Engineer: 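Next up is a structure, given as structure tokens.
The lettering of chains (A, B, ...) simply tracks the order of the sequence lines. Numbering, chain A: per the PDB entry, residues 11-124 in sequence. Going by the PDB entry, the residues shown for chain B are 11-124, listed in order. Just so you know, ligand 1 is whichever comes first in the structure, and atom 1 is the first atom listed for that ligand.
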2 protein chains.
Amino acid sequence: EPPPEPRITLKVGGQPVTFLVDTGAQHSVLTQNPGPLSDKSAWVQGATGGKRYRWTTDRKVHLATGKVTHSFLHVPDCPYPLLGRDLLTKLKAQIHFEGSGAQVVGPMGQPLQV
Amino acid sequence: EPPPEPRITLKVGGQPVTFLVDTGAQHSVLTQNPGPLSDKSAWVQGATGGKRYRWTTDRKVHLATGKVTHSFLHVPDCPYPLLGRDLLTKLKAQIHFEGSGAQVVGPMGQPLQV
Ligand SMILES: CC(C)CN(C[C@@H](O)[C@H](Cc1ccccc1)NC(=O)O[C@H]1CCOC1)S(=O)(=O)c1ccc(N)cc1
């Protein structure tokens, strides 16, 4: 069920979501229970092929850097939710590989977990 | 055309490869003219579906610490090579978004002395 490290939990529309922190993902992804969906869609290129997916409606996302509004792709084919570059750029996150795992820290150097 | 940031160029098999640095990738990936392939394969579970891809035979990769022997998945459905968690752990790498764009550095903050 839970993603491998680097992972981070964020309050997304008043619910916790544990994301795989995914620097290779252009946009962020919800997989199950995405909440209300919008009418609009996008083509998603994955490693093994491409498919059309729907955008969620807007969600409040409680980033350590301050709350923002964000829409996610609803990708039920995807193994777990993905925190991609669209939100990492807002969070201004640092990702540190150390030991056999990885930890996320904020733009002030504050740990975002552990 | 380079991959988006965060990206890094490493010598593989003696020649430079520019990777998208990808914390969402369990294993590192090459995509074009990969050289000799093993008889072995892995199931790759992508955002949009899954299927199997071949492992390469061993490659010399020049990291910061010097040479490592590493096997890559050959995934021609991927638009660019991916440097995954396997090698990010070996490199003890840090990824920073707080700068403009995204940058990748070593265990002590040096853009990789690779
Ligand atoms: C889906 C995650 C869980 C795993 N993938 C890594 C991801 O970062 C993946 C990398 C990628 C970039 C550009 C085009 C195609 C693929 N980006 C991705 O699909 O972007 C989508 C999701 C939303 O935004 C768009 S993987 O490529 O399937 C993968 C799986 C196993 C190995 N060993 C290596 C790679």
Engineer: Name in the PDB entry of the chain with the most heavy-atom contacts to ligand 1?
Structural biologist: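 With more contacts than any other chain, that's gag-pro-pol polyprotein.
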Engineer: Just wondering, what drug is modeled at ligand 1?
Structural biologist: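 The drug is amprenavir.
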Engineer: I'd love to know which other chains sit under 4.0 Å from amprenavir, counting non-hydrogen atoms.
Structural biologist: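 Heavy-atom neighbours of amprenavir: A, B.
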Engineer: What organism is listed under source for chain A in the PDB header?
Structural biologist: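 It's listed in the entry as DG-75 Murine leukemia virus.
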Engineer: Applying a heavy-atom cut-off of 4.0 Å, say which part of B:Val39 lies close to amprenavir: side chain, backbone, both or neither.
Structural biologist: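 Within the 4.0 Å criterion, B:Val39 contacts amprenavir through side-chain atoms alone.
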Engineer: Side chain, backbone, both or neither: which part of A:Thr58 comes within less than 4.0 Å of amprenavir when only heavy atoms are counted?
Structural biologist: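 Within the 4.0 Å criterion, A:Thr58 makes no contact with amprenavir.
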Engineer: With heavy atoms of A:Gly56 as the reference, note each atom of amprenavir found under 4.0 Å away.
Structural biologist: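 Atoms satisfying the 4.0 Å criterion: 15 (C), 16 (C), 19 (O).
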Engineer: Considering both backbone and side-chain atoms of A:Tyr90, is one of its nitrogen or oxygen atoms within less than 3.5 Å of a nitrogen or oxygen in amprenavir?
Structural biologist: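 Between A:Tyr90 and amprenavir (N or O atoms, distance only) the closest approach is not under 3.5 Å.
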Engineer: Check each atom of amprenavir against the heavy atoms of B:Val54 and keep those under 4.0 Å away; list them by number with element.
Structural biologist: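 Listed by number with element, the hits are 30 (C), 31 (C).
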Engineer: Any idea which atoms of amprenavir are less than 4.0 Å away from a heavy-atom of A:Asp32?
Structural biologist: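 Result: 7 (C), 8 (O).
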Engineer: Test of understanding: given a 4.0 Å heavy-atom threshold, classify the contact between A:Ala57 and amprenavir as side chain, backbone, both, or neither.
Structural biologist: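 Both backbone and side chain of A:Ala57 come within 4.0 Å of amprenavir.
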Engineer: When you compare amprenavir with A:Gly34, is there at least one nitrogen or oxygen pair between them that comes in under 3.5 angstrom?
Structural biologist: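 There is such a contact, yes.
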Engineer: What is the residue-level binding site of amprenavir with heavy atoms closer than 4.0 Å?
Structural biologist: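 With heavy atoms under 4.0 Å, it is A:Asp32, A:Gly34, A:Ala35, A:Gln36, A:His37, A:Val39, A:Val54, A:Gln55, A:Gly56, A:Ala57, A:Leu92, B:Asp32, B:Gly34, B:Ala35, B:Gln36, B:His37, B:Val39, B:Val54, B:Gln55, B:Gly56, B:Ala57, B:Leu83, B:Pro89, B:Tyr90, B:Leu92.
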